[PDB]
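Each chain gets a letter, A, B and so on, in the order the sequences are listed, and its residues count up from 1. Method on record in the header is X-ray crystallography, 2.4 Å. What's counted below: heavy atoms across the whole structure, side chains too, no hydrogens, waters or symmetry copies. When a ligand or atom number is given, it counts from 1 through the structure's own listing order.
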Amino acid sequence: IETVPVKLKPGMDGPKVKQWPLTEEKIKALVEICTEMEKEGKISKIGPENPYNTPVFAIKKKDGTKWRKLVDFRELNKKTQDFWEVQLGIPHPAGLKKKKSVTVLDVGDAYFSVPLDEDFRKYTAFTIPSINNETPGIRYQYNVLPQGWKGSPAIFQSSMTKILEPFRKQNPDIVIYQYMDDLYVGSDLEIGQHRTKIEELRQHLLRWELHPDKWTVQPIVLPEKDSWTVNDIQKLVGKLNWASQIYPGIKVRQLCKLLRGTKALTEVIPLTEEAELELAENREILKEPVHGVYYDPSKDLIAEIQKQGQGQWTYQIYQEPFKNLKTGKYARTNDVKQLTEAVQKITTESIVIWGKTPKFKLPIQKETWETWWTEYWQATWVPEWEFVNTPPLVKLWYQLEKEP
Amino acid sequence: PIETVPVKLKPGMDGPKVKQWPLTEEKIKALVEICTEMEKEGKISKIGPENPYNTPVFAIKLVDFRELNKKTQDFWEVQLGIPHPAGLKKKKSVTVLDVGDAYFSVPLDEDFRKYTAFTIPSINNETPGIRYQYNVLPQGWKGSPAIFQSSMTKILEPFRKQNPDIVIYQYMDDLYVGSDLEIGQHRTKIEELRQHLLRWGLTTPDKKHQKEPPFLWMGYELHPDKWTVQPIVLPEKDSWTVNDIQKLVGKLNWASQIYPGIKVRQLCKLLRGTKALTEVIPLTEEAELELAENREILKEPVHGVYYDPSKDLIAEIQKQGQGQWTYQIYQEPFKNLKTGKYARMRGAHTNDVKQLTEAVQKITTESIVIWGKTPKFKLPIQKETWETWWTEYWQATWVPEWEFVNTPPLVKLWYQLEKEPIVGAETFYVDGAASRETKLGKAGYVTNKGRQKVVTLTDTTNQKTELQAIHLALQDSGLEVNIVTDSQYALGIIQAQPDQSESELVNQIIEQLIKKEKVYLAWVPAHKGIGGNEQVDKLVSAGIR
RNA sequence: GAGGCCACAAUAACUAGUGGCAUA
DNA sequence: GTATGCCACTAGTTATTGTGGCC
Ligand SMILES: O=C1Nc2ccc(Cl)cc2[C@@](C#CC2CC2)(C(F)(F)F)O1
Ligand SMILES: [Ca+2]
Ligand SMILES: [Ca+2]
């Protein structure tokens, strides 16, 4: 079968991304995988006149602990975004977020047998590095649609629906959504009947879980105290004052009114009636779904994460600062372990609800993250990410979120 | 025969049309002889009017391809990083073969040849000159190293497959060949390699002409079983220029890979700011001391050993003070594979546990580059000091494999702030203010016991006054104190207990906090009518706003 | 035809984002 | 009223100089 032509935008150059250094055990694992992929025609060795490059990694498989190859096409995906979103975009069903159970299925090997436009193959170049720069570096390029390129599901889309039209008529209230190399299968059935309803699909493809409505935003719960000190009120005011950037009806005027004069931090302050009322109004604003926050499809999603201690992490998903479309907590290892699981959890939620992955703001140094993230990565996509500090008030605020 | 590599010009570009300047009759005579011979061997060919390109003959690389190079496509670049010697493995027998006719042995892509045209001018320059183009990779052309290396890799692959146990490293025009064979069997393998290469026209020195170890390579001296750096001479001068000092820091940084404990921070300070290269710079006595120690380090001979892949790597770090750390990597005690240093060049208030964790991250990355695996660390810090710092810190990290080693100076937290306000201790509300225009500022406190103080400062900032204010509260309080500030800057510096930094104010503050026995420190937002904060704010902003 | 090329380091410059302060 | 500066944290970039090399 012939290939769909693909082109970068006229000013665009191909990806020239530097390969991060790999451990010897991952280099050896990648040499095996690639010589097997070459023996099957899926990749070919390339010469030095190809200047492009994309990073390659080794991650462990979901099922087995055998090694798996991850090519980080984030840069190529950005450079081909007209192709895989406008020209051949895949629509996202708003019903998927409402199923009781959603299953994730790996349909990655489907692309292995569709050829890639010859004029585009040079842009898929990657390099298996060597220890200590002792040998030049083994260069390949793709002959078939690559896993991890967002062009692959778009190109394979008309083939994909033809495979699924039978299963969709038979089961007409099951939603199938595909994002990159994954199938998201949503059903309101119960668990035992759901797991059989996917095996019928797992056989239909072979011939050729998530609980979204359990995802629930928790309210902020303020301290309840029988006796308030100056210190307690000062701490509460700093948090509520900051939080008014989220909830504009929050007020601290009556609480600040109680802190008259140069008081000792442990002095007890009885709450006047005006104070108790401001506080009670504040509690009500907080245990009510925030308003004026609505998803904008023309904007990037952003996920921020705070380290809370004792293996606890809070996160927010937003597009404009303080306008959180979603917030939550992730509970338990090491920091990088937990942080990589949080990122994959949040990205999966974000794929189901909006069909996009968010750009992550991570509270870790870049170089530590780049050294260790593949030690626990199991996904086939890689979200964009950057590295930030955490302001103390941010952490202190989302620490108040009610535990589920 | 060696097959050509297709090479293109950059999109939208034509080839060079650079005019050739006239030359002396002596230069033309020598060029004619050189080119007549190159033409006989088939490396260049005479061309005529059909070719519109030109590149100047090199004026003291026969030809200067700077323009062609700008117009040539990019390549996957060859030998980006060099091996580090500590990543090599010990070998019984080692050989280096320099390939004599390397570029001359590789044909140039036929449709690219026309862009390499050049002219030998006539002596009168009233008659046209002799024009040529290259048939092989030209010396100096951007593409030749990457194409030659790629050709050499395909040539070497059959030989490597039949000789799994022989290491061949290709470096420019040289092959380094290592084996564990006794020298007699090694030399038999060397000659087979020479024969393999000669079938493609690649010539190499015979046994009588091959160099014997040690090999000089990239400033290293490589032995079969060890490596060192070639000698390191530090000039002895009474007066130092900026350029002299730059030369020192480069030699000292080069030495620090094998000479342990090198330090440069005090010499680096002397290079800050404007400075013409000739300006003589007076050496600080701290510089003079550190230069002194470095001279004593470099008096003793040292060497590195090679990597035994069957043993664990071990990295050990020592604090050298003032933000400087030093490390050694070995697999057997007292036999370093390499050493290095780590310095936080920005004069920040980094915590010592945090500086140490960056040293570890630097060493971990370097160790994956050189050996393909991470070492086990021995760190001058107890497991509980490390645990309390990181579980109290907003940032994630992870050091997978380390252990305490009791070699001082140990890393330890100097004080711990309270998490709850102290009963019966005086509450200080502190504040500062400054004008940007005049650099005039004030710092002070007011107290629940009725006390208060304001001090006026010159050549100061909003940031320093907030620290000054905390200085004052600490200075005039008892051994237990609650302090309330609106500067998250000043609070973060204190919570992130700095090492001895450059700011004398911060060191003074850290000293005061050691001597205290209970300090609770709290933040409140400014301009909210919070009592205490409001009174002191009125005090320090009087002659300022 | 005033030299380029690689790694590393230092310096200078442009820094940008987040955060409390602070200007207006 | 959106812009500025001061410095902690986070992330860079193009230039110079130096060390060790290569043309
Ligand atoms: O792995 C090893 N071990 C080793 C030990 C001593 C010597 Cl002198 C040389 C080597 C070698 C190399 C090389 C170039 C980077 C100089 C060799 F290629 F084998 F020669 O690499
Ligand atoms: Ca202040
Ligand atoms: Ca003030």
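The compound at ligand 1 is the drug or drug candidate efavirenz.
Here the macromolecule bound to efavirenz (ligand 1) with the most contacts is known in the PDB entry as reverse transcriptase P66 subunit. Chains with a heavy atom under 4.0 Å from efavirenz (ligand 1): B. Residues in other chains coming within 4.0 Å of efavirenz (ligand 1) by heavy atoms are B:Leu88, B:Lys89, B:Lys91, B:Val94, B:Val167, B:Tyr169, B:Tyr176, B:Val177, B:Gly178, B:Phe215, B:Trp217, B:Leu222, B:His223, B:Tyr306. Protein heavy atom closest to atom 9 (C) of efavirenz (ligand 1), with residue, atom name and distance, is B:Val94 CG1, 3.8 Å.
Counting protein heavy atoms only, atom 17 (C) of efavirenz (ligand 1) is closest to B:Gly178 N, 4.0 Å. Scanning the protein heavy atoms around atom 10 (C) of efavirenz (ligand 1), the nearest turns out to be B:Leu88 CD1, 4.0 Å. Organism of origin for chain B, per the PDB: Human immunodeficiency virus 1. Considering only non-hydrogen protein atoms, atom 16 (C) of efavirenz (ligand 1) sits nearest to B:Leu222 CD1, 3.4 Å.
Counting the atoms of efavirenz (ligand 1) from 1 in the order shown, those under 4.0 Å from a heavy atom of B:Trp217 are 15 (C), 16 (C). Nearest protein neighbour of atom 18 (F) of efavirenz (ligand 1), counting heavy atoms only, is B:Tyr176 O, 3.2 Å.
Looking only at protein heavy atoms, the nearest one to atom 4 (C) of efavirenz (ligand 1) is B:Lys89 O, 3.2 Å. Here the protein heavy atom with the shortest distance to atom 6 (C) of efavirenz (ligand 1) is B:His223 O, 3.4 Å.
In this structure, atom 14 (C) of efavirenz (ligand 1) lies nearest to the protein heavy atom B:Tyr169 CD2, 3.3 Å.
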